Colleague: 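Quick one: structure with (S)-(-)-nicotine.
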Amino acid sequence: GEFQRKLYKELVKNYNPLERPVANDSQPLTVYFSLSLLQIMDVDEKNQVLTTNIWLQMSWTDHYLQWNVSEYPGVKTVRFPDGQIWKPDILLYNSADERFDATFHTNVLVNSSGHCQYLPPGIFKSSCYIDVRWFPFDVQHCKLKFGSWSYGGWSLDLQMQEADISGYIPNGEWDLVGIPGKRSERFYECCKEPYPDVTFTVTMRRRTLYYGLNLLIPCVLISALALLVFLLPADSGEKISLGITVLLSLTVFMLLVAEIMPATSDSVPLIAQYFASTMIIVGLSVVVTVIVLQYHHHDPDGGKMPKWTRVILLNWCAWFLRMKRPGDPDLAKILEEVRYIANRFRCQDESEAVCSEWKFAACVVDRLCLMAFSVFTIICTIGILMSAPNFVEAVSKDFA
Amino acid sequence: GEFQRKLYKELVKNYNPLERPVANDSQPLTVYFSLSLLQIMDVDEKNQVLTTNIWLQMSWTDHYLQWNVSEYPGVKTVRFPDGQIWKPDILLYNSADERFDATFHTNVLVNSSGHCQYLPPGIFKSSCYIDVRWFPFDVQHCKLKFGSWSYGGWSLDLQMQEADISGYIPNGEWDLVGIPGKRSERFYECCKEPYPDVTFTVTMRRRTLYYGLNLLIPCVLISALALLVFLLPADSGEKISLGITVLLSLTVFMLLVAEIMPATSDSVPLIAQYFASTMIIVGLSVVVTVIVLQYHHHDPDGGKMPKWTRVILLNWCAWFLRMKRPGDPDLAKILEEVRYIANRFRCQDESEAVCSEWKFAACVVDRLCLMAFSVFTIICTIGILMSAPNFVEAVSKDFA
Amino acid sequence: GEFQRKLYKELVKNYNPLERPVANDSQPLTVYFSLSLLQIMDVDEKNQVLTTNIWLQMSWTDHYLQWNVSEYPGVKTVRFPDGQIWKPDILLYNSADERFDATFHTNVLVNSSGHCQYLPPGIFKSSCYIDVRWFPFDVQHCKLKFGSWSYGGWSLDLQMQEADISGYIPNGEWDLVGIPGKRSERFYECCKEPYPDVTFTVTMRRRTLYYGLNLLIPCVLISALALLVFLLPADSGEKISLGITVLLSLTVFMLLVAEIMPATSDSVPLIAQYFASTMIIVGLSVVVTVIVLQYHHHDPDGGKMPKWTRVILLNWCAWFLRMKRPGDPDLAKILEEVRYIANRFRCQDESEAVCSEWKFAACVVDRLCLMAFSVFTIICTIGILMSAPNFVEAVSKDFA
Amino acid sequence: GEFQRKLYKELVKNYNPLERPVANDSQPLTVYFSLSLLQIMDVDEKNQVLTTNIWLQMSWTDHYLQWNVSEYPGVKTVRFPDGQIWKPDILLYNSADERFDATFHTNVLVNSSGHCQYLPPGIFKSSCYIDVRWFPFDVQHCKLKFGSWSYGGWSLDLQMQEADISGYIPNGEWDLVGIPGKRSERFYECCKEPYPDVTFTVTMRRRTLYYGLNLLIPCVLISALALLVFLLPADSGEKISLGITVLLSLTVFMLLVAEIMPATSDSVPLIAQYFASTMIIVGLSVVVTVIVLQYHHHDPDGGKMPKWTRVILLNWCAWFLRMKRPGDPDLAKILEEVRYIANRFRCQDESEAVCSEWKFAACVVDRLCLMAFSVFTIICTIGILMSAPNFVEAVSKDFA
Amino acid sequence: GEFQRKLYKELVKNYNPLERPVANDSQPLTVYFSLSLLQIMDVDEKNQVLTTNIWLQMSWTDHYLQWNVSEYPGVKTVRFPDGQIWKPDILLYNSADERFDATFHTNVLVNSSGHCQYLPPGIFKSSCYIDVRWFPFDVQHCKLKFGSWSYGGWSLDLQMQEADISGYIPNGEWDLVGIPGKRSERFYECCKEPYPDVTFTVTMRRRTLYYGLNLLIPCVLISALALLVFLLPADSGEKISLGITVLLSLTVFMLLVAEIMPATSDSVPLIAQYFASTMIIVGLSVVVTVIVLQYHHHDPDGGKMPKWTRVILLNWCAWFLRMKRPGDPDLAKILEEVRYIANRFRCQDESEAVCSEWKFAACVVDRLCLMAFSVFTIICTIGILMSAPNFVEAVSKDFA
Ligand SMILES: *[C@@H]1O[C@H](CO)[C@@H](O[C@@H]2O[C@H](CO)[C@@H](O)[C@H](O)[C@H]2NC(C)=O)[C@H](O)[C@H]1NC(C)=O
Ligand SMILES: CN1CCC[C@H]1c1cccnc1
């Protein structure tokens with residue numbers, strides 16, 4: 001249109017995009033800064049970066065970009081690309097992208113009275129600390145720090161407006177608790193000019209249904225399965241394979257969880273210590289199995305049963321468990337031969353009678369250690385799982 | 001040509017690529033927006049990102065870019081590169097590309113009446129929520145949101161033209177149901193103007209043949225083979241070995257299928273339900289095998305058969321399953337030794353006959369659990385697989 | 001050079017890089033398009049993306065860029081950079097790259113009479129369909145579709161010339177067969193004017209010396225070793241172990257072959273069919289082994305062999321496979337004691353005879369199933385591998 | 001303001017951004033260089049690349065950009081963008097980024113007396129030598145070499161200022177020791193002029209809690225479990241299974257650590273030595289188990305035990321380990337028969353005694369090898385771990 | 001300063017960066033090309049690309065950039081950024097980078113007499129054929145081809161200087177042998193115009209210590225462990241398990257080697273041949289073990305040993321292997337009963353004698369195959385390992 005042609009010709013006359021558009025040089029320029037969260041793309045525990053989709057929102061007042069609507073009827077807003085008009089050089093301090101500023105440079109909407117609006121979108125790769133002490137029951141606080149790079153207090157001051165989450169799209173993995181900001185200043189040593197900035201802390205809680213169902217219940221189920229070795233009869237000589245096989249499966253599980261995990265040395269992760277507890281449990285199970293197997297295959301002609309073992313395992317450990325202890329000249333020569341055979345059979349029976357005691361002792365030890373291990377595994381898993389804060393309500397909100 | 005030289009020189013005179021080319025400044029500018037799908041390149045469920053090849057279609061009527069054909073014979077159209085004429089600032093809202101705009105800027109073809117055509121190509125990475133509840137018998141809807149970034153409804157009013165799929169190249173994995181769009185007018189609280197926008201919802205369906213042949217069926221054969229532990233005779237120890245090795249094969253399968261899919265906590269996936277059910281079936285099979293082995297290797301005098309088991313397993317279950325039960329002074333000394341040997345043999349005979357009942361009971365319970373688990377696996381697999389709403393359609397299309 | 005400087009100054013007077021350089025505006029401008037293949041960098045079966053290294057060859061005639069050599073002695077050719085002279089806008093229609101035009105903008109060499117040459121190199125990524133129906137004996141045809149984006153057939157007469165392969169560098173995996181090209185005219189829904197394009201089809205054949213050694217031969221070897229169970233005597237305890245470990249190795253092998261290959265549902269790959277057949281073979285091997293184990297440990301005093309089963313196994317197959325079957329008052333008291341002992345021994349001998357007959361039946365069944373499984377796996381492997389077309393030619397070229 | 005606009009107009013006048021801003025052309029310009037470490041992001045061992053977040057600091061004195069604040073009251077500082085004033089060309093020599101210069105070009109802040117201050121941020125990837133001889137108890141020294149590219153020592157007098165670590169954010173895995181720097185002068189084959197450069201060395205210590213808990217301790221535990229084969233009675237065939245399965249798990253661990261470790265041939269890693277030692281220990285355990293099993297299943301009436309082995313095993317070693325060694329005509333015909341039976345039984349008893357002595361010898365060998373292997377593995381592990389320098393410092397700082 | 005500004009203003013008058021800076025247009029311009037190796041970043045065997053840190057080095061003479069120092073006393077050199085002066089267009093012919101020119105454009109230093117220096121750094125990625133026939137004892141030649149893209153003999157004749165390896169930082173895996181170069185001229189069909197270019201060949205030798213300690217030694221050790229199946233007595237039921245688990249471990253080792261190595265089909269790698277040989281050895285080890293097991297569990301009444309086997313496995317090899325072969329009417333009824341019992345025991349004795357003879361034959365076969373396999377494995381290993389060229393050089397330079 002004719003009027004907007006005239007306006008665009010007139011406005012850029014003697015305009016320098018290198019100057020602050022303030023009527024008075026001494027007075028600072030007021031700039032309002034705010035966010036608009038749209039989505040959380042990914043939270044990388046291993047690399048400790050946070051990727052989000054965010055619309056910035058900056059606004060100020062321009063002294064020179066003013067006109068009277070009466071002289072230019074119909075036109076009431078104008079737009080300018082980058083470089084042609086002055087903009088605040090506000091950029092993220094916590095950036096982790098290769099280019100230090102990931103932000104699409106869009107148009108600047110201008111008032112008929114000098115008020116500019118700037119809403120550039122972009123995908124921001126922050127670098128925030130990822131606490132992993134209570135994984136997978138986590139609450140994370142990642143900070144985004146914005147502010148002018150080469151402008152001070154007398155240059156321009158920054159004011160905070162509350163973050164907008166009206167357009168938030170919920171994420172499958174993380175639950176957004178909130179996003180509160182704060183405006184703070186920082187004085188230097190030379191000069192008493194406040195240097196303001198705005199920081200936003202994004203707080204998220206991990207939803208634990210997936211990690212629970214895929215990590216914890218399988219591991220606890222097969223750890224409970226690992227106690228079946230104490231139920232097998234020792235005569236079926238395939239007890240060791242069970243223990244070693246479940247140990248191998250647990251090792252595979254551990255190395256995968258190490259794969260997902262980062263490599264910080266700040267604290268012992270809950271899942272890692274739980275896996276270590278299961279490691280020790282299965283190892284002690286295998287050791288006890290070897291002990292019982294040694295007891296079962298005892299040589300009858302070897303050493304005698306010690307009195308301590310006899311009085312402990314066969315008496316007290318049986319009372320505790322209420323387990324029952326289930327217990328003519330040639331005529332002389334032929335007589336001697338038959339007597340020899342009978343005596344040999346008697347000796348064989350007496351020798352076999354000894355092995356029964358050892359086998360019963362093996363069964364008793366097996367039952368006792370079964371009970372002890374079954375109690376211990378439950379105690380350990382319950383204590384470790386419930387030791388984490390943010391567990392009861394986490395499970396109540398996820399699994400229910 | 002001299003005529004096109006003169007025309008190109010004349011058109012750019014006084015032209016301003018900043019002003020919106022309308023004869024009347026008060027009235028808006030109508031812009032027609034459409035789409036042209038070429039192919040779907042990727043659907044990443046783990047990152048929730050859709051990659052497509054798309055040709056944008058825009059069209060508006062410029063005002064100043066007009067000329068008389070008679071004055072410039074031969075010339076019918078002109079072409080302008082980026083930055084030399086006014087273009088709509090149309091952007092994709094939900095984008096996952098690090099650079100927010102992912103369109104290749106090409107020339108604009110302008111007719112002699114002042115009609116501009118803009119057909120920029122590009123590869124678009126938009127983020128859409130990919131439901132995984134009914135995986136792999138899945139149907140997904142992903143939305144693309146387009147619209148001007150900084151032009152209002154009093155200035156630029158979008159219009160819809162139906163999407164073009166004439167050039168579509170079919171995908172191997174995804175079947176395209178269709179891509180219907182819709183035009184809507186959002187209203188601002190300040191002002192009575194509309195804010196037109198156009199959204200395109202791409203609907204696709206996964207083809208269930210690769211997954212069917214590589215994940216579903218192999219698990220069925222492995223689970224079925226896990227029941228071979230029951231037909232096996234307990235005399236040759238292989239039962240626990242069989243059970244555990246099937247278990248680990250299932251674990252590695254579950255690890256694969258877990259690393260394929262994302263960590264969302266919105267619902268339990270169908271494949272997860274199937275694998276968990278197989279987990280439980282194999283574990284219970286191993287437990288039953290342990291019980292059977294305990295029954296088989298029973299000490300002949302370590303106890304007595306309780307009346308409940310003696311009646312049940314030996315008569316009732318044999319009835320149900322139709323299995324038959326498996327069935328001078330120097331001479332008196334010789335007398336008592338020979339009778340002692342005979343008595344020893346008789347005692348051994350009766351003790352050996354005792355264990356036959358225990359072995360038969362083990363066989364009976366083994367057959368019973370075989371039948372029960374054979375029914376259970378079939379029922380569970382059939383129910384879980386047929387629970388999917390479009391299972392019949394998928395099996396009729398992909399397979400038949 | 002003064003002459004070079006003066007000519008460069010003169011050639012750019014009133015030159016518009018926006019106009020098509022023709023003497024008469026009505027007739028189109030002829031452009032010859034070719035292509036110089038240099039290297040096939042990579043073929044991505046999983047992503048259906050082909051990466052090649054090519055040099056474009058465009059040539060046309062510029063009417064304004066002419067000069068008389070007699071007045072410019074030394075200079076015979078000139079070079080112009082990007083954006084200073086008119087260039088055709090030719091780009092790939094199939095680019096699977098984040099940027100839709102991956103070419104390095106080099107100079108344009110100009111004749112002394114107005115002929116322009118343009119040879120921009122670059123690495124081109126394109127999306128072409130990949131066939132896995134005959135993996136790894138497949139022949140792939142991929143397409144490269146070039147054309148002007150914004151010039152119709154009335155302004156750009158695109159022509160074609162044969163592709164150049166004189167500098168081709170052979171690849172270590174794919175053997176180049178040829179690269180023809182054909183011109184075509186297409187109508188687009190945008191506009192009522194044909195748009196010519198030039199399509200080059202690259203035909204290449206995969207060499208099968210690496211896959212034949214690392215995916216086929218090991219599978220055959222361990223499938224054959226899976227038949228070693230039928231030789232192993234049942235008196236040992238390592239038959240089920242053999243079978244199930246073979247299954248584990250086979251599953252790992254198939255899983256890796258699955259991860260390398262694309263997830264298409266258009267056909268069942270040859271390697272997939274082979275792996276499924278081998279899975280079935282080993283599974284039935286395990287089932288037969290279970291049956292033989294149950295036969296060999298058959299408990300006597302239970303059910304006698306059926307007449308049909310006996311007359312089959314002990315006679316027909318036994319003769320067929322050339323197998324031979326394994327074949328004072330105290331005196332009265334002493335008398336009936338020794339009578340009891342002798343009768344006990346006689347009954348024991350009868351029981352052992354029945355057991356020996358059962359074990360012979362098991363051996364015969366094992367031998368027969370050995371023969372059947374061996375012949376069946378041989379014929380299935382040969383048939384599956386020889387079903388593919390151009391298999392013998394590939395075998396000859398690669399191995400011999 | 002008016003003063004700001006006038007000053008910006010005045011400064012730009014007759015300014016060439018190509019000339020070095022010095023009052024005297026023959027005098028070198030002084031530039032102060034400094035660093036500000038913000039965060040160590042990644043230490044890639046395989047690729048030997050260190051990624052850090054760094055702010056560069058540069059400062060010099062421009063001769064032309066000076067003014068009197070009396071004539072320009074409000075304005076005290078001005079800002080200039082890239083490409084409008086002279087800037088140094090300081091760039092990293094060791095950059096490993098695909099684009100050689102990875103820095104964000106910000107404004108340049110200027111005094112009223114011409115003092116320029118330039119603080120460009122950026123994320124720098126540099127190639128530094130990584131030493132893994134003492135992994136995971138290593139201390140690394142990575143250098144960053146900065147310096148002007150095309151400015152010699154007679155024009156740009158580079159100076160170094162101490163690095164700033166006040167804004168350092170501690171990293172979970174790496175511990176910062178110090179960042180000293182020195183300014184050295186070098187000669188290059190290009191030119192006969194010295195080119196000064198500034199090198200900063202980053203010294204980092206690796207926190208070892210993660211690796212100590214995830215790699216060393218589980219390896220220790222399962223290596224110890226591998227010694228249980230010397231407590232299993234030989235009558236249960238489950239010793240080779242134990243040894244070989246632990247060997248398999250060890251091989252898996254070796255594969256994983258080799259995955260983490262880079263391919264280098266400078267010196268053997270400590271963890272590589274540890275895993276090799278564990279390999280040999282477990283292999284020797286398996287060999288000893290094979291020897292013991294061969295001893296146990298001796299066939300009597302065959303090889304008589306040699307006198308040397310007899311005495312060594314059953315006199316000295318057995319006592320040393322406190323092991324106790326275990327241990328009418330018809331009447332004539334019947335006499336002959338009973339004599340034959342008794343003699344056969346006596347021969348069986350003698351064979352049993354020989355078997356018992358062989359089994360006792362096997363047990364003695366087993367116990368002796370158990371003790372030897374235990375002491376050997378303890379000594380080897382403790383020596384290998386303790387050989388690393390500052391291992392005591394590492395454990396004291398991390399664990400305690 | 002003053003003279004700097006004056007000279008900079010004077011040097012750009014009427015200066016066209018598009019023209020070749022020569023005094024005579026007909027005569028060509030001499031350009032000297034060179035290189036400066038800094039580091040070999042990576043050698044990718046799979047994608048077959050080479051990454052290096054390189055500073056190019058070009059030098060030529062400019063006719064127009066000349067001045068007399070006495071007129072401008074302070075300035076001796078001037079610097080021009082990209083786009084201000086004429087630069088030769090020299091780029092990598094065989095680059096394998098997504099952008100065809102990975103080169104950082106720095107300043108150009110010009111002397112008082114017109115000499116120009118241009119040393120742009122960069123991280124180049126070139127695709128060079130990588131031979132893998134001799135892995136890991138490998139020597140690779142990679143060629144870098146540089147040349148002009150638009151100029152020829154009458155326009156630009158590239159001379160040569162030897163590549164500079166001063167300041168080259170040794171890599172931990174690849175040892176540099178040399179970087180020879182060679183200039184050459186190529187003529188076109190039309191005209192006798194040379195087209196000189198410079199090519200550099202980088203020759204590097206892989207250091208084999210890491211691969212020897214991670215791939216060769218462990219596989220030899222496990223292969224030797226596989227031979228232990230020939231010392232385990234047949235009574236233990238753990239002979240098949242040993243061989244099978246060795247096969248599994250070696251399969252996963254082959255998997256790793258498959259992942260590291262390229263998928264070429266031009267030769268059979270040495271490591272591939274060695275792994276195939278070891279596979280074959282273990283396979284016949286398992287086959288022989290099965291034969292021995294079926295030989296040892298031979299029923300006494302199932303047949304008789306053939307004469308050939310009886311004479312070759314019991315008299316010839318036994319001596320060769322130095323093994324010794326191990327070795328009133330009621331009274332009549334009582335007599336007949338005891339005669340029956342004695343005859344029964346006699347038949348048992350003959351049976352176990354035949355069984356013992358069969359077991360001796362099995363042991364002899366076992367020892368024979370042990371010796372044969374022990375010789376064969378070492379023969380094949382030595383042959384394959386020493387078959388490679390420069391293997392003595394590799395071991396001498398790495399392990400000493
Ligand atoms: C400016 O730079 C070039 C650098 O080469 C100088 O050329 C050298 O001049 C000396 C004088 O004898 C010769 O020995 C060298 O061989 C020349 N080098 C080359 C490549 O030709 C040139 O002299 C310098 N000019 C001034 C005024 O310093
Ligand atoms: C052939 N071109 C490429 C696709 C459409 C067509 C076109 C037509 C007009 C303006 N731009 C593109």
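Every chain is numbered from 1 and lettered A, B, ... according to where its sequence line falls, protein lines coming before strand lines. Note that ligands are numbered from 1 as they come in the structure, with each ligand's atoms numbered from 1 the same way. Because only heavy atoms are used, hydrogens play no part in the values below, and waters and symmetry mates are left out as well, while side chains stay in.
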Colleague: Could you list every ligand or chain that corresponds to (S)-(-)-nicotine?
Modeller: ligand 2
Colleague: Under the nomenclature of UniProt, which macromolecule has the greatest contact count with (S)-(-)-nicotine?
Modeller: Neuronal acetylcholine receptor subunit alpha-7
Colleague: Which other chains lie near (S)-(-)-nicotine, in the sense of having some heavy atom under 4.0 Å away?
Modeller: B, C
Colleague: Extract the source organism of chain C from the PDB entry.
Modeller: Homo sapiens
Colleague: Find the residues of chain C UniProt lists as binding Ca(2+) whose heavy atoms come closer than 4.0 Å to (S)-(-)-nicotine.
Modeller: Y188(C)
Colleague: Write down the transmembrane segment numbers of chain C (UniProt, from the N terminus) that have a non-hydrogen atom closer than 4.0 Å to (S)-(-)-nicotine.
Modeller: none
Colleague: By chain and residue number, what forms the binding site of (S)-(-)-nicotine with heavy atoms closer than 4.0 Å?
Modeller: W55(B), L119(B), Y93(C), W149(C), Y188(C), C190(C), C191(C), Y195(C)
